Peer 1: 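Structure incoming, see below.
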There are 2 protein chains.
Amino acid sequence: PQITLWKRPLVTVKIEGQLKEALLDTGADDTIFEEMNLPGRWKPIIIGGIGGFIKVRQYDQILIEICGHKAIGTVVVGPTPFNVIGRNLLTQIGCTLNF
Amino acid sequence: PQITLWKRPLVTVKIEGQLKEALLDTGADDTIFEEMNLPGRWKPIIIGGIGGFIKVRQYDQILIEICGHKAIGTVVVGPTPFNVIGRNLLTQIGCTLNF
Ligand SMILES: CC(C)CN(C[C@@H](O)[C@H](Cc1ccccc1)NC(=O)O[C@H]1CO[C@H]2OCC[C@H]21)S(=O)(=O)c1ccc(N)cc1
């Protein structure tokens, strides 16, 4: 689909059988979600944004189906105000900026 | 232009006669740059990110020429790690996400 930027680019996402709405974020290198359980071993890491840093649990080879397109990649879980689909998964679905 | 997301979507921008590189950020509602001087009256405001909040000076009707395309809108000045072009200005240049 083509997505204008007049409203937040939110998309419905299915992850580990759960339905969530996530932000298509070209400014995010990685994907981060609110607190939730995920398969596989995780490593505690820290990510930095505008105004500070947060501790998060890193998961690898996580399946996400975002707006009907499937992708596997690293997914980070922590206290984020919004679920963010970062470039690590945007590339997988063939997402591009165009103007 | 078409912009894939394998690398950071950095673009060269001219603002107040200054040359800067800025991040095309679909996850940012507003545009914010590192410390710099700008015309017009400003109001101190606060913005929130992934790991906290920062105090910033808000400027309205600021001209930016991003990749050769012109836009006027609110520009926020504060301690951001990267210059970010938010949706308030992305919409003006006709920026869209496509997949
Ligand atoms: C630090 C910047 C490069 C911005 N980043 C992505 C960006 O889209 C965030 C994504 C985002 C969105 C909502 C809340 C927090 C973070 N938005 C943002 O910070 O914008 C702020 C300025 O305009 C305001 O609009 C809301 C946020 C404010 S980030 O959240 O910190 C980030 C950094 C690293 C990773 N792996 C993932 C995300």
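Chain letters run alphabetically, one per sequence line, in listed order. Numbering of chain A is taken from the PDB entry, so the residues present carry the numbers 1-99, in order. The residue numbers of chain B are those assigned by the PDB entry, with the residues present covering 1-99 sequentially. Below, all heavy atoms of this structure are taken into account, side chains as well, without hydrogens, waters or symmetry copies. Note that ligands are numbered from 1 as they come in the structure, with each ligand's atoms numbered from 1 the same way.
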Peer 1: Look at ligand 1 and say which of elexacaftor, darunavir, doxorubicin, naporafenib is there.
Peer 2: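 It's darunavir.
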Peer 1: Name the macromolecule with the most heavy-atom contacts to darunavir in this structure, as the PDB entry names it.
Peer 2: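 Largest number of contacts: Protease NL4-3.
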Peer 1: Find the other chains whose heavy atoms come closer than 4.0 Å to darunavir.
Peer 2: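 By heavy atom, the other chains are A, B.
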Peer 1: Hey, which residues are hanging around darunavir within 4.0 Å, heavy atoms only?
Peer 2: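 By heavy-atom distance, that gives A/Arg8, A/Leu23, A/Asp25, A/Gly27, A/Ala28, A/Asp29, A/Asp30, A/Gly48, A/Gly49, A/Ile50, A/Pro81, A/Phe82, B/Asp25, B/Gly27, B/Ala28, B/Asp29, B/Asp30, B/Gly48, B/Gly49, B/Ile50, B/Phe82.
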Peer 1: Could you tell me which organism the entry lists for chain B?
Peer 2: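 Per the entry, it comes from Human immunodeficiency virus 1.
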Peer 1: For atom 7 (C) of darunavir, what's the nearest protein heavy-atom neighbour? Residue, atom name and distance, please.
Peer 2: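 Residue, atom and distance for the closest contact: A/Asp25 OD2, 3.0 Å.
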Peer 1: Please report which non-hydrogen protein atom sits nearest to atom 31 (O) of darunavir, along with the residue it belongs to and the distance in Å to one decimal place.
Peer 2: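 Looking only at protein heavy atoms, the one closest to atom 31 (O) of darunavir is A/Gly49 CA, 2.9 Å.
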Peer 1: For A/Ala28, counting its heavy atoms only, list the atoms of darunavir lying under 4.0 Å from any of them.
Peer 2: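 Matching atoms, with element in brackets: 6 (C), 37 (C), 38 (C).
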Peer 1: Hey, does A/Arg8 come in under 3.5 Å of darunavir, counting only N/O atoms on both sides?
Peer 2: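 Such a contact does not occur with darunavir.
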Peer 1: I need the atoms of darunavir closer than 4.0 Å to a non-hydrogen atom of B/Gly48, numbered in the order shown.
Peer 2: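 Close to B/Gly48: 21 (C), 27 (C), 28 (C).
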Peer 1: Taking 4.0 angstrom as the limit and counting only heavy atoms of A/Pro81, give me the atoms of darunavir inside it, by number and element.
Peer 2: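 Numbered from 1, darunavir contributes 14 (C), 15 (C).
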Peer 1: Can you report which non-hydrogen protein atom sits closest to atom 13 (C) of darunavir, along with the distance?
Peer 2: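 For atom 13 (C) of darunavir, the nearest protein heavy atom is A/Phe82 CD1, 3.3 Å.
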Peer 1: Could you tell me the residue and atom name of the protein heavy atom closest to atom 24 (C) of darunavir, and the distance to it rounded to 0.1 Å?
Peer 2: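 Among all protein heavy atoms, the one nearest atom 24 (C) of darunavir is B/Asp29 N, 3.9 Å.
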Peer 1: Can you tell me which residue and heavy atom of the protein come closest to atom 32 (C) of darunavir, and the distance to 0.1 Å?
Peer 2: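 The closest heavy atom on the protein side is B/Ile50 CD1, 4.1 Å.
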Peer 1: Just distances here: any N/O of B/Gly27 and N/O of darunavir closer than 3.5 Å?
Peer 2: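 It does: an N or O of B/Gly27 is found under 3.5 Å from an N or O of darunavir.
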